[PDB]
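The model presented next includes nirmatrelvir (bound form).
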Protein chains: 2
Amino acid sequence: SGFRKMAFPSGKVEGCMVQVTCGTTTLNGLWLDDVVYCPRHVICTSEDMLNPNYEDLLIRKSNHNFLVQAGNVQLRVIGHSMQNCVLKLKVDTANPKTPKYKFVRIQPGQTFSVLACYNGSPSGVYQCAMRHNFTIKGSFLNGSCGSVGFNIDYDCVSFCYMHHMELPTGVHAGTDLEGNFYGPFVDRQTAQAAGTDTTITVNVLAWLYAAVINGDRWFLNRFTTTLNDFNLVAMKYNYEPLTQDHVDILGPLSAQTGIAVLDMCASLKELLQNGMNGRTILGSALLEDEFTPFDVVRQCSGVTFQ
Amino acid sequence: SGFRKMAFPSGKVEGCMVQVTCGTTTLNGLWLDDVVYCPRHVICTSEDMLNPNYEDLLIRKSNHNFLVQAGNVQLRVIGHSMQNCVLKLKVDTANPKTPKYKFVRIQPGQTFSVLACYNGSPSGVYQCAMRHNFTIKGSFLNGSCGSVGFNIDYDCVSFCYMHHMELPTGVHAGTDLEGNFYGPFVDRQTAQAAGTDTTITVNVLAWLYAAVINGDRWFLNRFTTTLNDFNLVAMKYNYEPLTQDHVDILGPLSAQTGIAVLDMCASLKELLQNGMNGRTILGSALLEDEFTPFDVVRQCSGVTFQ
Ligand SMILES: *C(=N)[C@H](C[C@@H]1CCNC1=O)NC(=O)[C@@H]1[C@@H]2[C@H](CN1C(=O)[C@@H](NC(=O)C(F)(F)F)C(C)(C)C)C2(C)C
Ligand SMILES: *C(=N)[C@H](C[C@@H]1CCNC1=O)NC(=O)[C@@H]1[C@@H]2[C@H](CN1C(=O)[C@@H](NC(=O)C(F)(F)F)C(C)(C)C)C2(C)C
């Protein structure tokens with residue numbers, strides 16, 4: 001038993017992390033096969049951060065201007081191109097530790113593990129979710145750019161995030177592995193701020209199911225509710241509307257615990273209107289929306305990865 | 001910026017995880033060099049779990065009775081011995097992925113990362129701390145025994161825990177890598193329960209320092225206090241007494257933020273007596289005691305590992 005914020009094993013991702021240096025700027029890069037992916041602001045000095053012209057700055061740089069280290073071995077760059085906000089440095093050596101990987105763009109509310117890296121070396125791993133304002137509540141410092149977010153399916157690593165910058169109130173923004181920013185954010189040091197963030201309702205219900213599996217069933221009531229009635233209360237408390245797709249996704253959790261999805265919605269409605277009254281659910285005094293239904297199933301069924 | 005429950009990268013530990021099967025029981029094993037470490041109840045059936053005689057059961061088993069798989073390759077066992085509660089199966093092949101490792105026994109209050117594994121394959125990684133009752137608030141299921149807890153120092157992996165069993169109220173107990181149980185627990189299916197657990201005071205203060213580094217400074221007051229006065233209030237709220245060693249350990253955090261340790265103790269004293277009044281610290285509505293001062297420094301300074 002027991003429920004924790006489990007992150008995916010980082011072994012496969014660790015073998016792909018390299019250090020990319022251009023001039024004086026240094027940050028992390030993702031080495032897959034013979035292509036290294038890194039944020040495009042490596043070619044920027046501190047003075048260029050305000051109003052950078054990335055296309056203009058990439059003109060003045062050649063292949064030898066990019067310094068890539070894979071541990072204690074320097075990788076020879078034989079080509080370079082820019083796709084959106086990420087650089088693709090082609091190297092003469094393919095990474096022998098490249099796993100089966102995919103480039104995916106996640107939707108808001110989905111979770112993934114972030115491998116925080118500095119100077120090409122991993123510092124730690126933690127799970128995170130893409131909030132509805134297209135930000136993440138991560139932990140990044142100077143030089144952490146290039147750290148990637150990933151999901152693992154058996155032996156397949158689904159890369160879905162690359163850290164690029166930090167927004168006010170301590171939130172972070174980034175791009176997919178194709179360089180496209182999540183949300184209306186640009187890679188320049190200007191006045192930017194994330195929009196209002198809503199609570200992922202489907203993740204809250206899944207987290208409540210994990211509580212029932214673990215024996216914490218004090219919040220369950222004897223009432224039921226319709227989808228429309230629950231959503232109207234959810235709108236007041238800045239909760240995302242619960243679609244039929246979310247209900248169908250929560251099906252396996254509903255079947256395992258013997259509690260209908262709408263019955264769990266009635267219990268959640270009482271919690272929103274009345275609070276927890278000083279009680280904790282799974283040791284947390286606040287409702288948790290960073291656990292997808294897949295995460296609950298994976299954590300409570302012991303799903304492993306090759 | 002940002003503060004999360006960061007776990008150590010699991011790449012080095014993943015290469016040491018193997019599956020150990022004896023008869024019908026299957027669990028995880030740690031493969032370091034030519035020795036495989038696993039819990040000793042692999043030689044037990046479901047009927048032996050009540051009152052097992054591990055020495056008696058190991059008599060009736062030979063080297064070929066132990067089935068060890070390293071992925072899709074079976075390892076030939078050429079020797080076996082029991083040290084306390086862990087088996088040492090000697091194999092003909094040394095693990096090529098064995099990193100620089102140490103066997104350490106941690107003290108209560110110290111944190112470490114747990115790599116939850118099933119059938120020799122990793123399921124996830126999460127940080128945890130040894131509570132003062134010698135238990136951990138982990139997440140384990142059937143077959144999770146043999147999962148190890150570890151700490152990483154540069155390139156050195158300090159193994160400090162091996163999961164063995166689950167106690168009531170969803171807490172878990174285990175041994176070091178030498179087979180010695182943490183606390184007064186035995187590896188048999190009998191009536192056992194953990195003692196009263198206290199809140200690790202030094203970890204709470206370190207977590208408060210991380211809040212100050214991240215800008216959350218609403219809880220800071222203008223008062224100071226002595227060590228004795230703070231401890232007396234701490235005893236009432238089931239908080240561990242703050243020794244001088246804890247104060248000296250919190251030194252780097254005190255110097256970085258410009259706040260004296262005793263000044264932070266006065267702020268903590270107010271929080272214990274008055275509560276948070278509906279406010280959150282680092283997004284948490286409850287005080288967190290699972291972050292050692294080293295964890296705060298490592299997280300806030302970006303300490304990496306080879
Ligand atoms: C990459 N190594 C850093 C890591 C940042 C810095 C501290 N926490 C992080 O995640 N990324 C940056 O320096 C990016 C980058 C320039 C500026 N930047 C920022 O994160 C800045 N914030 C913004 O630009 C904002 F808030 F408007 F989005 C900073 C002032 C440093 C927080 C570029 C090229 C956009
Ligand atoms: C190893 N794979 C399992 C994993 C357990 C089971 C569910 N969560 C876990 O951590 N470990 C065990 O089955 C151990 C083991 C026998 C029984 N056991 C227990 O955890 C039992 N609890 C106790 O014995 C208690 F509470 F008294 F400490 C159980 C009833 C399964 C929770 C042996 C050989 C001690």
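Below, chain A is the first sequence line, B the second, and so on; all start at residue 1. For this deposited structure, the header notes the method as X-ray crystallography, 2.8 Å. Read the numbers this way: they start at 1 and go in the same order the structure lists the ligands and their atoms.
To find every copy of nirmatrelvir (bound form), look at ligands 1 and 2. Short version: main partner of nirmatrelvir (bound form, ligand 1), named per the PDB entry, is 3C-like proteinase nsp5. The heavy-atom neighbours of nirmatrelvir (bound form, ligand 1) at a 4.0 Å cut-off, by chain: A, B. Here a covalent bond joins nirmatrelvir (bound form, ligand 1) to A:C145 SG.
Among the UniProt active-site residues of chain A, the one closest to nirmatrelvir (bound form, ligand 1) by heavy-atom distance, rounded to 1 Å, is A:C145, 2 Å.
Within chain A, the UniProt domain with the largest share of residues touching nirmatrelvir (bound form, ligand 1) is Peptidase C30. The deposit names the source of chain A as Severe acute respiratory syndrome coronavirus 2. Defined by non-hydrogen atoms within 4.0 Å, the binding site of nirmatrelvir (bound form, ligand 1) is A:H41, A:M49, A:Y54, A:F140, A:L141, A:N142, A:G143, A:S144, A:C145, A:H163, A:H164, A:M165, A:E166, A:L167, A:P168, A:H172, A:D187, A:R188, A:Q189, A:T190, A:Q192, B:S1.
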